[PDB]
Structure formats: C-alpha cells, structure tokens
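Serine/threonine-protein kinase PAK 1, liganded with PF-3758309.
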Amino acid sequence: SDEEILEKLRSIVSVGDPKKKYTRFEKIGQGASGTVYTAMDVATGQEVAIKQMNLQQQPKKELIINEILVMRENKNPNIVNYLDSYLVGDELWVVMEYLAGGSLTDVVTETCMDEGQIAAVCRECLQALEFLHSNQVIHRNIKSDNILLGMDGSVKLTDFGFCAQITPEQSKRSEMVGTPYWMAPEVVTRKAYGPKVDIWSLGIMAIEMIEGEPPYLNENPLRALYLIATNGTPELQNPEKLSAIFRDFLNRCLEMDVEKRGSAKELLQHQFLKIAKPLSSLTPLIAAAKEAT
Ligand SMILES: Cc1nc(Nc2n[nH]c3c2CN(C(=O)N[C@H](CN(C)C)c2ccccc2)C3(C)C)c2sccc2n1
C-alpha cells in the first residue's frame, strides 16, 4: 500500500547512467533542498543544471512526482526547462536548463531597478502565469527566489513543488501552502482560492523590486502571516516615488477582491508594461548582483 507511491516515481524517471550522458560536473549550489551541479550534455555539448536531492530526507513523493509531471506537460519559454530525471542511489537527479544570471533575489536585494526594468520582469512572469493559468495550473510559490535570469537577461519561472492542478469541477483550492510573505490573503485565511493568488504573489514580488524585500520581512513568518490577514493590501513605504501607472498596476495585483484583482491575461495588456525596457537592460543588474557576493 505505502509507500508504493514510489512505483509511479520509478516509472517516471529516465533509465540509464547519468554519468554517461553528462560530464564536467561542478558544484554551483548547496541549499537544504538539495545541491545543484553544472554539467555538459555529452550529446549536444550543451550545459545543464542538475539538482540532486537526498530522497526520503525531504520528502514527499506525492509532491515531487507532481513537480516532475507538471513541468513535463507545461513547457514554455518563460518556464525553466525540465530535461531529464534519474534516480541513482536514493538520490533524485533532476536535470534542468542552466541559467547563469542567477536569481531575481540577487538583483532585488543588491541593486535598484527602474520602472522600465521592473516592467520587463513583470511582463515575462505574467507571460508564464497566463500559460500556466490557461493550462489550469496554479504555481502557489511565486517569489523572486523562483525567478531565474539568463546571461542575456532572460526571465524564467521555476520551482513547481507547490503547484496544484484545477478542474471545472474543482475550480478552487484550500491548502495553506506557499511562502508566508508572498501568500495571498485568501490563502492565509483558509478560503477557497483560484489562480489569482499567483497574481497577488507577483504584486509582492514587484514590491521586492521596489523596496528590496516583501512586506513584514523583519517579522517572523507567523507574525507576518497575521499581518497579512488583518491589513489586507500592503502599504508601500514611499508610494509617491512611483509613477501613477506603476501604482495602478500594483493596486490591481494586490486587490483584496479576488473578482476585482487582475488576471494574467488582463494584466498583460496593462499600460505599465508599455514602458518595458528590453531584457538586455537587465544584464547590468545581473553584473551588479554578481559583484558584492
Ligand atoms: C544554484 C545556482 N543555480 C544557478 N542557475 C541555475 N540554472 N538552473 C537552475 C539553477 C538553479 N536551480 C534550482 O533549482 N535552484 C533551486 C532553488 N530555487 C529553485 C529557489 C535550488 C538551489 C540550490 C539547491 C537546491 C535547489 C536550477 C533550476 C536547477 C546559478 S547562476 C549563478 C549562480 C547559480 N547558482
């Protein structure tokens, strides 16, 4: 019975020796959620990022299976590409594309962004969001840490461990999942929510690009969880620094009324995304974040 859920996971993964298909292994990161290596596809000569997790020691097969499956059926230019999976010696190896420009968290916490650079990032993310939302997938963990950057300034979404599928029959969801500071109020208050929670988290992510961090970050997770549920729409520290069209975009991402809050399809047409700079204008941000590290 359990955990015979592994049979699905062992049926998912590709077979064969990952050692044979990839060489030039170099460690690039090592968090609590695994360790990332760079490597070269012996075939195409292409560079890949391989995440290695301890298995059991995390876990949870139900949701890590969900992560693989969801990525496979949801390929998009604005989503970090999933390549392969291999289970070797109680380790789950997930081969992903390599983005060398680091994360949006490096940028937002070490640099200042102009409205043109923020609009370019918001656009790419909404493009990924509209695609997932049309395929009835809710990310539920949108934050700057899950935005990866290409050396050319490419903006791509990652981390599908927390996503959830939806149907016309079950159009909502009720689990208190995600990361506290980015969580929509309707999620914090255990109400039935929809895809628009990702829109809220995008808005908080925009606040990151503005102020360097999401609201209440000095407070502890539970304290922040309380602050969100009571205050509703978060206040900017210096709202007047923003153009009126940026403030409008923000207010529509952070609208308490789910019905009034924008959808990804809607927000892609907003006048704030007009003044978007090309993605090349992100490379000095990237360069700046690298320095001071
Ligand atoms: C680690 C690292 N990755 C880089 N680029 C990447 N290319 N491809 C990928 C990454 C990072 N990735 C990733 O899954 N990171 C997650 C954390 N994220 C999701 C919140 C992670 C990091 C460390 C340990 C476990 C899990 C993938 C998509 C494989 C880069 S660029 C400069 C430094 C750097 N350091």
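Numbers here are sequence positions counted from 1. Note: hydrogens, waters and symmetry copies are ignored here, and every other heavy atom, side chains too, is used. Just follow the structure's listing: the first ligand is 1, and inside any ligand the first atom is 1.
Close approach of PF-3758309 (ligand 1) to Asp145 (heavy-atom distance below 4.0 Å) involves ligand atoms 18 (N), 20 (C). Of all atoms in PF-3758309 (ligand 1), listed by their number and element, those nearer than 4.0 Å to a heavy atom of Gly31 are 24 (C). Numbered from 1 in the order shown, with element, the atoms of PF-3758309 (ligand 1) that lie under 4.0 Å from a heavy atom of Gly34 read 24 (C), 25 (C). Taking distance alone, with nitrogen or oxygen atoms compared against 3.5 Å, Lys290 stays at or beyond that limit from PF-3758309 (ligand 1).
Atoms of PF-3758309 (ligand 1) found under 4.0 Å from any heavy atom of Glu97 (numbered from 1 in listed order, with element): 7 (N), 8 (N), 9 (C).
Listed by atom number, the atoms of PF-3758309 (ligand 1) under 4.0 Å from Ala49 heavy atoms are 7 (N), 8 (N), 9 (C), 29 (C). Shown in contact with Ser33 at under 4.0 Å from a heavy atom are these atoms of PF-3758309 (ligand 1), numbered in order with element: 25 (C), 26 (C). Residue-ligand proximity: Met53 is placed with every non-hydrogen atom at 4.0 Å or more from PF-3758309 (ligand 1). The proximity of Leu148 to PF-3758309 (ligand 1), defined as any non-hydrogen pair under 4.0 Å, is limited to the side chain. Per-residue contacts place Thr158 under 4.0 angstrom from the following atoms of PF-3758309 (ligand 1) (heavy atoms of the residue considered): 19 (C), 28 (C).
Applying the 4.0 Å criterion to heavy atoms of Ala100 picks out, from PF-3758309 (ligand 1), the atoms 31 (S), 32 (C). At a heavy-atom cutoff of 4.0 Å, PF-3758309 (ligand 1) is contacted by no atom of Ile50, backbone or side chain. PF-3758309 (ligand 1) has an N or O atom lying under 3.5 Å from an N or O atom of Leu99, backbone or side chain.
UniProt domain boundaries put most chain A contacts with PF-3758309 (ligand 1) inside Protein kinase. Near PF-3758309 (ligand 1), within 4.0 Å on a heavy-atom basis, the structure shows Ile28, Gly29, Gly31, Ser33, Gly34, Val36, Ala49, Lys51, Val80, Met96, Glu97, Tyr98, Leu99, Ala100, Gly102, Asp145, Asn146, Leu148, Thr158, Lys290.
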